[PDB]
> 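My questions all concern the structure below.
Here is the naming used below: chain letters follow the sequence lines, and residue numbers restart at 1 for every chain. Numbering of ligands and ligand atoms starts at 1, following listing order.
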There are 4 protein chains.
Amino acid sequence: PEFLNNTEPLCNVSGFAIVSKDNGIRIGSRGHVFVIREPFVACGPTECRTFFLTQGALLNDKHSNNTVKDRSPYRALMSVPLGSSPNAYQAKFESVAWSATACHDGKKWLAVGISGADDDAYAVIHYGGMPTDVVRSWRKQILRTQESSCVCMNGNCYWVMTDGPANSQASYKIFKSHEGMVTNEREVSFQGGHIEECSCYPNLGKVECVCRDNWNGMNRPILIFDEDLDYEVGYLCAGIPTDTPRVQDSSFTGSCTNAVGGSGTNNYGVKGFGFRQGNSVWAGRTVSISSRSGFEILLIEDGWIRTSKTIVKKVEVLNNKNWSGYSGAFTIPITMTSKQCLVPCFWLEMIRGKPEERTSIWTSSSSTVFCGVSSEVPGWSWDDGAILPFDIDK
Amino acid sequence: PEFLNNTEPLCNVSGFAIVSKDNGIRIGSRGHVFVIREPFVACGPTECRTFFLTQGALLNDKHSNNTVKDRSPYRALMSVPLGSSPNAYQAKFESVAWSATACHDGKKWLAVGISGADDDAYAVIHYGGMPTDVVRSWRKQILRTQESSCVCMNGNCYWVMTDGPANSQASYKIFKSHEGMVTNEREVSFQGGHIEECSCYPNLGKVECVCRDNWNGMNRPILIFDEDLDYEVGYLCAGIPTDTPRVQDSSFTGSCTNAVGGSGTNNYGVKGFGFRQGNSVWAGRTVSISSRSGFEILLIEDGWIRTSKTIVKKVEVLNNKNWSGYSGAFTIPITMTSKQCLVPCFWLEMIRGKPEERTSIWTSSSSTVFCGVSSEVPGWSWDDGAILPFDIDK
Amino acid sequence: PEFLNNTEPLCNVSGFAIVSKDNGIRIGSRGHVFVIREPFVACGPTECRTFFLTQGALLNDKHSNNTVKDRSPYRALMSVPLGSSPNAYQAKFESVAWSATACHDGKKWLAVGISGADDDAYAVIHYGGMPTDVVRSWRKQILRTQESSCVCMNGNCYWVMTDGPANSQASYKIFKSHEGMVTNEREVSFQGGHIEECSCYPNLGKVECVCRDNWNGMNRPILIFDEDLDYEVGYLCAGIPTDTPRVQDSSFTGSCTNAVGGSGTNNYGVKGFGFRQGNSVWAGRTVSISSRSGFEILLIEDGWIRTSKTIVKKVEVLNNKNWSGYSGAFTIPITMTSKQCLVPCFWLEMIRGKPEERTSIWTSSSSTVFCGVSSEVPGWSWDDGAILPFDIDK
Amino acid sequence: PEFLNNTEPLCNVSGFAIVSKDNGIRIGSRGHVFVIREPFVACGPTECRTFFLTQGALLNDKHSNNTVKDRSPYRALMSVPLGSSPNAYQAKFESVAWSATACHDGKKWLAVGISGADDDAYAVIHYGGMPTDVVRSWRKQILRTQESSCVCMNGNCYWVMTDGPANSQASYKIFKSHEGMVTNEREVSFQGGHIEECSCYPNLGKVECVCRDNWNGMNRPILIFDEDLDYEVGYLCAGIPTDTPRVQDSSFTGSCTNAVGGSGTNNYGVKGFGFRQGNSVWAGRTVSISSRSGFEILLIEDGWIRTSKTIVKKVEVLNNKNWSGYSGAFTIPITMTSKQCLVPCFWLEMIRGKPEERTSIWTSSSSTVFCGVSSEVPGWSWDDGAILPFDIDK
Ligand SMILES: *[C@@H]1O[C@H](CO)[C@@H](O[C@@H]2O[C@H](CO)[C@@H](O)[C@H](O)[C@H]2NC(C)=O)[C@H](O)[C@H]1NC(C)=O
Ligand SMILES: *[C@@H]1O[C@H](CO)[C@@H](O[C@@H]2O[C@H](CO)[C@@H](O)[C@H](O)[C@H]2NC(C)=O)[C@H](O)[C@H]1NC(C)=O
Ligand SMILES: *[C@@H]1O[C@H](CO)[C@@H](O[C@@H]2O[C@H](CO)[C@@H](O)[C@H](O)[C@H]2NC(C)=O)[C@H](O)[C@H]1NC(C)=O
Ligand SMILES: *[C@@H]1O[C@H](CO)[C@@H](O[C@@H]2O[C@H](CO)[C@@H](O)[C@H](O)[C@H]2NC(C)=O)[C@H](O)[C@H]1NC(C)=O
Ligand SMILES: CC(=O)N[C@H]1[C@H]([C@H](O)[C@H](O)CO)OC(C(=O)O)=C[C@@H]1NC(=N)N
Ligand SMILES: CC(=O)N[C@H]1[C@H]([C@H](O)[C@H](O)CO)OC(C(=O)O)=C[C@@H]1NC(=N)N
Ligand SMILES: CC(=O)N[C@H]1[C@H]([C@H](O)[C@H](O)CO)OC(C(=O)O)=C[C@@H]1NC(=N)N
Ligand SMILES: CC(=O)N[C@H]1[C@H]([C@H](O)[C@H](O)CO)OC(C(=O)O)=C[C@@H]1NC(=N)N
Ligand SMILES: *[C@@H]1O[C@H](CO)[C@@H](O)[C@H](O)[C@H]1NC(C)=O
Ligand SMILES: *[C@@H]1O[C@H](CO)[C@@H](O)[C@H](O)[C@H]1NC(C)=O
Ligand SMILES: *[C@@H]1O[C@H](CO)[C@@H](O)[C@H](O)[C@H]1NC(C)=O
Ligand SMILES: *[C@@H]1O[C@H](CO)[C@@H](O)[C@H](O)[C@H]1NC(C)=O
Ligand SMILES: [Ca+2]
Ligand SMILES: [Ca+2]
Ligand SMILES: [Ca+2]
Ligand SMILES: [Ca+2]
């Protein structure tokens, strides 16, 4: 067992092929499957796993009542092999958590799980299944993190956390760890900007993150940092907005530096992702500009470096008649691919129940996962597929 | 870990002994078992596994409604150890798929799963659990493959795919891969012939396939190819027809070269198998000439090389009062047998529900598996055994 | 991985301590647990496992109806780790079987499973999970075997089979195998005797078996054989009868050579066991002389070599107010104990449902397991504990 | 595989961070989860596991009736990975047991399980899953042990047992074992004292235990011993009482030598724990002085060596509106932490059902687990979270 370098360039890809679909909610109509949300994927040297935040309750059970709620003492980070339902008997316990990130350094799994009261939460860092360190809330206002994979390079693992208001200026920090111990941290200066739920991946030895602005931006913040935690922060340059809510493309003008918002888009957002491709960018977004429905990915020419509106490729993986949700980035290491570059992949959360489906008492999600390939790949619509309401709703 | 040679001759066998029976539908009356169809078996160096296409739903659940349907975004290729039910908690996710093939090269599992729209489907190739390559539909008409084990020899794995009409001339291709990457392909010229759902096995360093003609043939196509993808294509010579539907043996005249059909047998078929035995052949077939009921295997003297009607052995493993379905071939590698030849085995799918059992809202199947041995073995009737209708049907 | 020698002497023990209890039927009131019977235990170098014959159906399901029946195409030999319930999700498939034996040679598991029609059954031998050989019925009358662990010594594994009438002279054979291939067999001459369901264990390089006479004997046959399959056959000498049904001890006179029966005890029996202890013997029996209720084990002074009635120790592990059933012998190898002798252990089957509990539609069993120790150990009553009837019975 | 030294000093810690929460009862509302009580945690070189005593029955099943009862033939010690629910399909069988202790010596798991009649019980010692030795009741009055992790150092494992009256002078013994064999024992002279359910941990090569006095003490006995089983015995000096029931702190005067009781606190207690910190002590207790509700941990200055009332730190992990129960100590070995000291951790049992919740027919518990860290950590209330009554209660 050796540490993964993970210092290779990110692969350039021309399409995204479906890798898995867990069908968790369909299965949970009868099987014993956790109510969850905030799923994500992370890969070790030999296996990829799906992580998720349970509600400490099962689908179609009375304890699934009121699971639209975000935080409780019953939520836990757990994982299953990629493609498995988040079920009661395969789930591996990772951390107590209502917010989390996880990744593998080549030797062991790192899991960071936040629990506790809103005004005094703390992250517990688990390494190889053992609690190694803690990070306390420094602003005492819902300490929270990525809800996707962290990044490990050369034995050091990195992640981003936020503490402070949901709809105004908050505080943003980058963390560095080795074998589960925090070894460095840096506060990111981003006045007028808002960073949450970063989707991060390694690219040529740096960590590149595409995040959620829940304040004044319908464009996505970009945060790039190195091993010293030196950073650049700004917004995805592209003249195509990729948060939700947002306005139609023709009503939007991009910015590399400033949050662009207004027009009824302020004070909300959704976790999402993008992948730099030289000067261009693959960016995901819901099909709807107002709701978490549909999902498509766009290749925007020069979209990483300028306010480009040129869409060279677009692929839809979920049509607008179906519910989506969070999306996030991860990479496949050289040990599984034998390539000289890191393969970019994304996952998609499909939320069922509240608030969009009010005749259900619960909220959960299922997922699809896609990986970049060297050729164009057709889209389709791989929807959650569950038939609501469920038994427990009647 | 080294690649399996798999270049040995196929064993000559005199009988087939039952190896496993999963009783999946009986168990799924109460247990949590996937609705499936198209099961198959493939063996690695140290383990054999049962693969299957789920419907992304469980038996006796409302989501099992309308599962007679062949393709959807919810179907997945999964696997369990040989003999296990295809259940919710042991199932290993392999690929998103409504058509599939899988095999083991000695080092890792290869799984090929087709999903997407009928007019723009694509296969995703998974190797060691990682997506490595894709194959796009080239005729834009239900790209489809074996629904049984592919063949690996000396580190290269091979499979057959079809694209085009179900009931007229289509296009047939052979694929070669190494570590999950397609390295060669060849289109098979077969004018007037139709190839689907090939059952393939290694024999003296070549791949021998017995397939389904869904057009004008009640005899089975035979496709034989080598590492260069050079091939011979034709029909099983035997003057005994082995597709379903077919006519009675006495109304049939064999052909090595031509599809023999008519008499109400055109435009359908069932996946099946055969094993060359020198110049002879073991071939499976349903007992009924018109429906998927019963199952028997026949040793036909010189049936691989001429229009022989001489049946030297016949063994029934399912009587005609019980539902059958697909059947397929696989082999056991030298690493498990210590023999100097590859052991021929077959599996049998037993379909319950629609269309034959109209009082059920669903369709699933269970399996039995048999392996060749050096002596004669008695038959019996190992039927699915489930008592229909089920709870969900009322 | 090397073959277990297993040529050590059997340990002398002064008591039996409980090792496990699976509580399978209690658990199966709600959990997903197979209907079974004929459980047994066998140990490999590093693990002991519980084997069992399922009915291919789960407790509290409609398919459990009529499971008092002994043979069907749906029965399978499966296994779980020692102490686990025989449940739907941990069970490992071993063989299709309505009669079976299994053991471990130090390198791999050997499983022998009999299925097929009563008049043409056959055993399939599985080695390392691969079908290696077959044994056909030679009398065409319910080929059957031990329903307990076989014995492996120096890489060869041995077991006993019977074919012929249940209530008159039948045919008895000993088998020798290496890596799953039958390498020798010997028919046992036993005129006027009847041998079924042998409980066998290694002792100083020979196999010692205590069996069931289902014909004229309420005393148990003893069969001892060596690697050449040379044998001695007779009855347990002790003047204490240990089959069921039997008469009270004071009405019984022992014999080393002859079946002793009559008085309403002919034509039935129950699988049981004994362990030679020098010239003495530990022998199990039901507490009731007429029914399968209660269980006790007796140390009979010189009971292996003469018609002794001297009981030096007696321990009850199940009181006569509770249902018992089959019992069987196995040993723990030196690799788990670091001893210079083989530890004798036994398991006890506790049958619930038909025929004793007529208000239930089903029959299943659970187990307790006990191992010999160097000191006296108190008894108790570890009964099945399920509360009948079950939901499905109403 | 080598034996763990475990001779390092115990770490000094300033706070306790939550490591896991199993949510077992919430999950068991629908999932298949054992009714349990007396959970505990023990760590091997590479994994921590949760152990528990089942009632041989599942939640929400009729067999859960009357599970307030402490002892039966159906109770078993089983384990799951840390954080998992004690469910029917992940549970590993360890021992038949209505009282137990378990630990890992670096090479194998040791499990000690007591079963049998109240007046003639015996412990079976399991090592590497094999029964190795027995300990008989020496006072014939409910032989019983820790219900938490034992301690292994340099290949020897130690635990404490009690036999005799629950509410008057009993007999207390320390045991030493190597590879599952008892190699030494010592009776502890403690006239007027009462020791049960010791929570023990290694500290600088000695075993330090904090126990339950069920007779005349609302203060906790302390037992410290070395490899020769030489011991010191007394009470936790602190002038803060930590048993339940107890009186308010201001009504209590500490003692290092004598049981301090009366005022309605005699003849009961609850399993609990403490950790020496130089001359100080971290000690757990229920928040309520009279009932098993709430849980807090206190750092008492010099509380190990004198009758101090100085509380320097206090952290609540369960508020007094929620049910608690047993608590216990364990340590994390150097192999998981790479530290030079042993990390102190504790678990908390949260009991639901009888006797406090009389509208339920059953009693079970779930757990939370916490580990010491080098900084202060906020508290919260991580309650069981199940909504009673359950289906089976109506
Ligand atoms: C992905 O594509 C980008 C853009 O084409 C590649 O970046 C170029 O790399 C070459 C070779 O070093 C340089 O000469 C160019 O200056 C780069 N262009 C830009 C815009 O950065 C990159 O090499 C590709 N990555 C991989 C892994 O193939
Ligand atoms: C299976 O049987 C076939 C037919 O008997 C065997 O093929 C023969 O092999 C011998 C030895 O090389 C040749 O002399 C013959 O010409 C072959 N006959 C035919 C019809 O091909 C084959 O060897 C057998 N296979 C195995 C593995 O034993
Ligand atoms: C079990 O007990 C028997 C009977 O006491 C032991 O058999 C004796 O072994 C000694 C030593 O070789 C011989 O001198 C005696 O002749 C034997 N007696 C009989 C009746 O066989 C045997 O050694 C013991 N087994 C073990 C493993 O300790
Ligand atoms: C935990 O704290 C205690 C108390 O401060 C430490 O014990 C001291 O150790 C030093 C160094 O050997 C001695 O000089 C003192 O006499 C000790 N004091 C007492 C009260 O025992 C102990 O070293 C600490 N343990 C660890 C692992 O850091
Ligand atoms: C820690 C916390 O509760 N995180 C929130 C998150 C949050 O409200 C926004 O980012 C605003 O700050 O939004 C949402 C969301 O669906 O919008 C889900 C999260 N749920 C959980 N991760 N549990
Ligand atoms: C891809 C596709 O849908 N394949 C079909 C197959 C097909 O219709 C025929 O071969 C004709 O082309 O027939 C049948 C069949 O039962 O006849 C099952 C298959 N179901 C699936 N593999 N899902
Ligand atoms: C193969 C067969 O059916 N074996 C029988 C066995 C048998 O009837 C007697 O030994 C008489 O021959 O008896 C019994 C028994 O409970 O008496 C259970 C067995 N059930 C099974 N092993 N399935
Ligand atoms: C062996 C036995 O039954 N141990 C008891 C224990 C005991 O009654 C007291 O310590 C008094 O002696 O108390 C309690 C308790 O909840 O107070 C649970 C235990 N339950 C079990 N471990 N099963
Ligand atoms: C969910 O909560 C609401 C409000 O308390 C209640 O009316 C409803 O019955 C609950 N559903 C269940 C299944 O408990
Ligand atoms: C299955 O579908 C049919 C037609 O939509 C419907 O009538 C029937 O009730 C469905 N069954 C279930 C269990 O939903
Ligand atoms: C079991 O079989 C009997 C006889 O056929 C029948 O009367 C009874 O209803 C059956 N029970 C179930 C649950 O099917
Ligand atoms: C539990 O036991 C009581 C007393 O015997 C009984 O009244 C009650 O119905 C039982 N509950 C169940 C589910 O059997
Ligand atoms: Ca926004
Ligand atoms: Ca046809
Ligand atoms: Ca008899
Ligand atoms: Ca007390």
> How do PDB records name the drug found at ligand 5?
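Found there: zanamivir.
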> Main binding partner of zanamivir (ligand 5) in this structure, as named by the PDB entry?
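The chain with more contacts than any other is Neuraminidase.
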> Return the chain letters whose heavy atoms come under 4.0 Å from zanamivir (ligand 5), other chains only.
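Based on heavy atoms, that gives A.
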> Provide the residues lining zanamivir (ligand 5) within 4.0 Å, heavy atoms only.
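Going by non-hydrogen atoms, it's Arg37(A), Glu38(A), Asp70(A), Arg71(A), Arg75(A), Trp98(A), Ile142(A), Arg144(A), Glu147(A), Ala166(A), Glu196(A), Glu197(A), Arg212(A), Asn214(A), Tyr268(A), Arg292(A), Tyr326(A).
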> What residue and atom, counting heavy atoms only, is the protein's closest point to atom 17 (O) of zanamivir (ligand 5), and at what distance?
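Here the nearest protein heavy atom works out to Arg292(A) NH2, 2.9 Å.
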> Does atom 7 (C) of zanamivir (ligand 5) have any protein heavy atom closer than 4.0 Å?
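Within 4.0 Å of atom 7 (C) of zanamivir (ligand 5), no protein heavy atoms are found.
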> Backbone or side chain, does any N or O of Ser99(A) fall under 3.5 Å from an N or O of zanamivir (ligand 5)?
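N/O-N/O distance below 3.5 Å does not exist for this pair.
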> Could you find the nearest protein heavy atom to atom 4 (N) of zanamivir (ligand 5) and give me its residue, atom name and distance?
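Of the protein heavy atoms, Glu197(A) OE2, 4.4 Å lies nearest.
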> Return the residue, atom name and 0.1 Å-rounded distance of the protein heavy atom closest to atom 13 (O) of zanamivir (ligand 5).
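Answer for atom 13 (O) of zanamivir (ligand 5): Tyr326(A) OH, 3.2 Å.
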> Nearest protein heavy atom to atom 22 (N) of zanamivir (ligand 5), by residue and atom, and its distance?
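The protein heavy atom lying closest is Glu147(A) OE2, 3.0 Å.
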> Give the residue and atom name of whichever protein heavy atom lies nearest to atom 19 (C) of zanamivir (ligand 5), and the separation in Å to one decimal.
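Looking only at protein heavy atoms, the one closest to atom 19 (C) of zanamivir (ligand 5) is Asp70(A) OD1, 3.5 Å.
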> Provide, to 0.1 Å, the distance between atom 21 (C) of zanamivir (ligand 5) and the closest protein heavy atom, together with that atom's residue and name.
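Here the nearest protein heavy atom works out to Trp98(A) O, 3.3 Å.
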> For zanamivir (ligand 5), which atoms have a heavy atom of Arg75(A) less than 4.0 angstrom away?
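Zanamivir (ligand 5) atoms under the 4.0 Å threshold to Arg75(A): 23 (N).
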> Please list the nearest protein heavy atom to atom 2 (C) of zanamivir (ligand 5) with its residue and the distance rounded to 0.1 Å.
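That would be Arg71(A) NH1, 3.7 Å.
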> Suppose we measure from atom 12 (O) of zanamivir (ligand 5) to each protein heavy atom; which comes out shortest, and what is that distance?
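Nearest protein contact, heavy atoms only, for atom 12 (O) of zanamivir (ligand 5) is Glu196(A) OE2, 2.5 Å.
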> Which organism does the entry credit as the source of chain A?
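By the entry, that would be Influenza A virus.
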> What atoms of zanamivir (ligand 5) come closer than 4.0 angstrom to any heavy atom of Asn214(A)?
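Contacts of zanamivir (ligand 5) toward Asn214(A), numbered from 1: 11 (C).
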